[PDB]
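The structure to be discussed contains GSK2798745.
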Amino acid sequence: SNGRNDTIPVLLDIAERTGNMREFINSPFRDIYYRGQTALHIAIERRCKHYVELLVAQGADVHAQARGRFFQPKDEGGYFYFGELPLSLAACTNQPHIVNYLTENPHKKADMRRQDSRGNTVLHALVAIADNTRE
Amino acid sequence: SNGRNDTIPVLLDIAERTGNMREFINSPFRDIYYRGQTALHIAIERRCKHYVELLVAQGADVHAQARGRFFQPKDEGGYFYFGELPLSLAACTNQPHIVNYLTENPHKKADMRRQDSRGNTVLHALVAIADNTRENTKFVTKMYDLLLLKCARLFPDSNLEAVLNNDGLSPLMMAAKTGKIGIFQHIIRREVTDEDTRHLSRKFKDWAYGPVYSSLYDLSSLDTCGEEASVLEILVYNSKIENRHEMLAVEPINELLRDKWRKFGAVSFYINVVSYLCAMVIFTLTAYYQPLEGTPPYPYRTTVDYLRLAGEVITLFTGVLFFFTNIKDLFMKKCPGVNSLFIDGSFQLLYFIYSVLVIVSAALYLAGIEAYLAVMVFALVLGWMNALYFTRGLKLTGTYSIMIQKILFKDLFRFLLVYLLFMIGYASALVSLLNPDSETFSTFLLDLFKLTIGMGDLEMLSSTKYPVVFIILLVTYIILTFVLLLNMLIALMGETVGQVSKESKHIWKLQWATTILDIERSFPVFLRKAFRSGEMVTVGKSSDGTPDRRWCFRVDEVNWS
Amino acid sequence: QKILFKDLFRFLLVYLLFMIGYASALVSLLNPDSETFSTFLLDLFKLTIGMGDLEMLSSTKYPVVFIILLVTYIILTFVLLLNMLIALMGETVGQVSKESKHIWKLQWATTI
Ligand SMILES: CC(C)(O)c1cnc(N2C[C@@]3(CCC[C@](C)(Cn4cnc5ccc(C#N)cc54)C3)OC2=O)cn1
């Protein structure tokens, strides 16, 4: 709602207070359609730098691979292939600042060299989404 | 004078002082030319907001219908049709402020739902005046949205688009068959961001994930499966020919047609093609297997006679089915004219002639032994000609069919007319000179016809009364026939490709769409519901909290901005 | 290559449709062989080229109808020839002339 949800810090506080924050903050989806997607992917896609910061500072996995049927190339039954990785996701949605934060941060740094299941690195992904349209 | 006439207040004062203001303030014209027009119409047309206020504050009728011969559509002997109503008048002359005043005022409010004599609402009128010119479209679409939102907000229960005229159409349907792109696409693609009146949108945004926005269009009216006079059937059959190719390119109609093609269109068309070719192979086999010796009816005792009878009866069944399916189609659709025969109208003629020939030949086969054999030959010829109909399914073959039809019709008869003019002139020239029969004309025509092809023999030069003149005449014959051949060539090489090549794809698109819709209309009602395109999405809670549940149709896009 | 492939088979298919229709029309009218199809095919083919002899008009059961059918054969075969001319001669040069250089470039590169 208007770029801010007030229940996020409360839910995080509950997460450490119950003692199982790690299982909560990065909980992959189980359906074949959205398999592997974590809250970090949603935070990056919604274009909330502050939310991705507060989410990774609490221990979000920055290498979780969203490999569901939705996150597949258009040719193999999917609507968006962004490289199957949070860094590749922030790269493929034109989010330079979130990428800068993801590459250098005190808590956990996502290196550019990591490959997804297909082997595609960040640059293979950035090629994959490219069109011949100028924009 | 300069927007102010000082005699109006004193005239109104005289009107109430004489005790008969009511009969004066709204006095209709009596002539057939301006019948019904009141002073309120003049005040609105002259664009005097303060005058219309001062005129209605004293009791001007805001529902008086100006129905004279001048206020009629241009096609019915008139110069301006604005909806036959003061509110429709202020709407059709781009006067938003006067409309705002008329809709809400302390004295007397004119509701948007009132229909004129034709049944046209304010929105039917606003469609009627709309043109495809942009300077018209900016205010037509804008003020259509204005009036629709105002009617929704004032009256939440009713839908202003949902009231029909005396023709049964709705503003979208009326814009479909009149050829008003500017308001047609604006009606289809409209979306209302405000939650108060968002329910009357026709394009909703289902979900988004980065640069993949899947908005889904509403086809509650575009595709009714033969229940509510669908817009698509109107747009393909009864719309304006010159603009139809552009109306069929709107965002949710092209994809809808493609979906209906892949869902049940390809398989049904192809099985129809295969069945037609099989039936025609059977027809040819029956035609060849017929024995030429004997007067019908033949004694059917041999198994070969049984297969001959089976072929004959299946041919008659095919012919009667053709008659049944062609008469109904012509009965349902209007008789076409120029620029629409090349689309679809031509084939109802040809198949009609095929069925008629087969039936009359069966009638002669009943009695005439020698007679019936004449038009089996014509029947096979014409049927194998009509086999060209089904090329419209494939784009590459569909265009070439248009080539053949246009060459056979537009220029073939022109060239034949000029050619026959030369034949009659030169035949009367040559034959009248000879010194001796009536039948000599028939021989000479074929002789010259062979000479044009090159198989003519010039041995008749000896019998000519004047040998010198006939040599020159034959030379001019050959030269001018060559000139006419070059004329037909040159027309077909420049003027045809200039127009027909571009128009061929457009005509094939219309042919494909009308065949899709004919295949759909072939199915029964329950079967069509099974092959209903789109989802059954729930868009939102209604004014009472109930779900919408409107049969929408999703198309997804990729946007990087 | 494009003339041999894209349009030649289209013309052959339409022309085959026409030959089968008109041959089944003509031969079924004659009053008597199975081999008569082969003779009629070549004779009509020569007639289209112009070396066909029209001596079978005497043997026709109905002389009047066959004259009309032969006239239609000639006219619509001429129409088909005009149609092929016009198609390959407006629409092909619209596309292929531009496409020819592009295809040659790819051929040259792949041969290198
Ligand atoms: C072999 C068999 C029995 O399946 C068959 C049936 N009909 C014909 N045609 C096709 C046709 C041609 C002219 C347009 C028409 C009137 C449009 N039209 C009207 N209703 C339709 C239903 C489906 C299609 C398709 N595809 C077209 C339709 C149909 O006139 C005939 O005789 C030929 N063979």
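Order of sequence lines = order of chain letters (A, B, ...). The residue numbers of chain A are those assigned by the PDB entry, with the residues present covering 203-337 sequentially. Residue numbering in chain B adheres to the PDB entry, whereby the residues present occupy positions 203-638, 662-786 in order. Just so it is clear, chain C uses the PDB entry numbers, and the residues here are 607-638, 662-741, in order. Cropped entry; intra-crop contacts only. Order of appearance sets the numbers: ligands from 1, and atoms from 1 within every ligand. The deposited model was determined using electron microscopy, 3.5 Å. No hydrogens, no waters, no symmetry mates; every other heavy atom, side chains included, goes into these values.
- Every other chain with a heavy atom under 4.0 Å from GSK2798745 is listed here: B.
- Residues with a heavy atom within 4.0 Å of GSK2798745: B:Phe471, B:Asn474, B:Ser477, B:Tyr478, B:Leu523, B:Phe524, B:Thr527, B:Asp531, B:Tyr553, B:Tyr591, B:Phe592, B:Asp743, B:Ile744, B:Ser747.
- Looking at UniProt's Ca(2+) binders in chain B, a heavy atom closer than 4.0 Å to GSK2798745 shows up in none of them.
- Checking heavy atoms within less than 4.0 Å of GSK2798745, the transmembrane segments of chain B hit, in UniProt's N-terminal numbering, are 1, 2, 3, 4.
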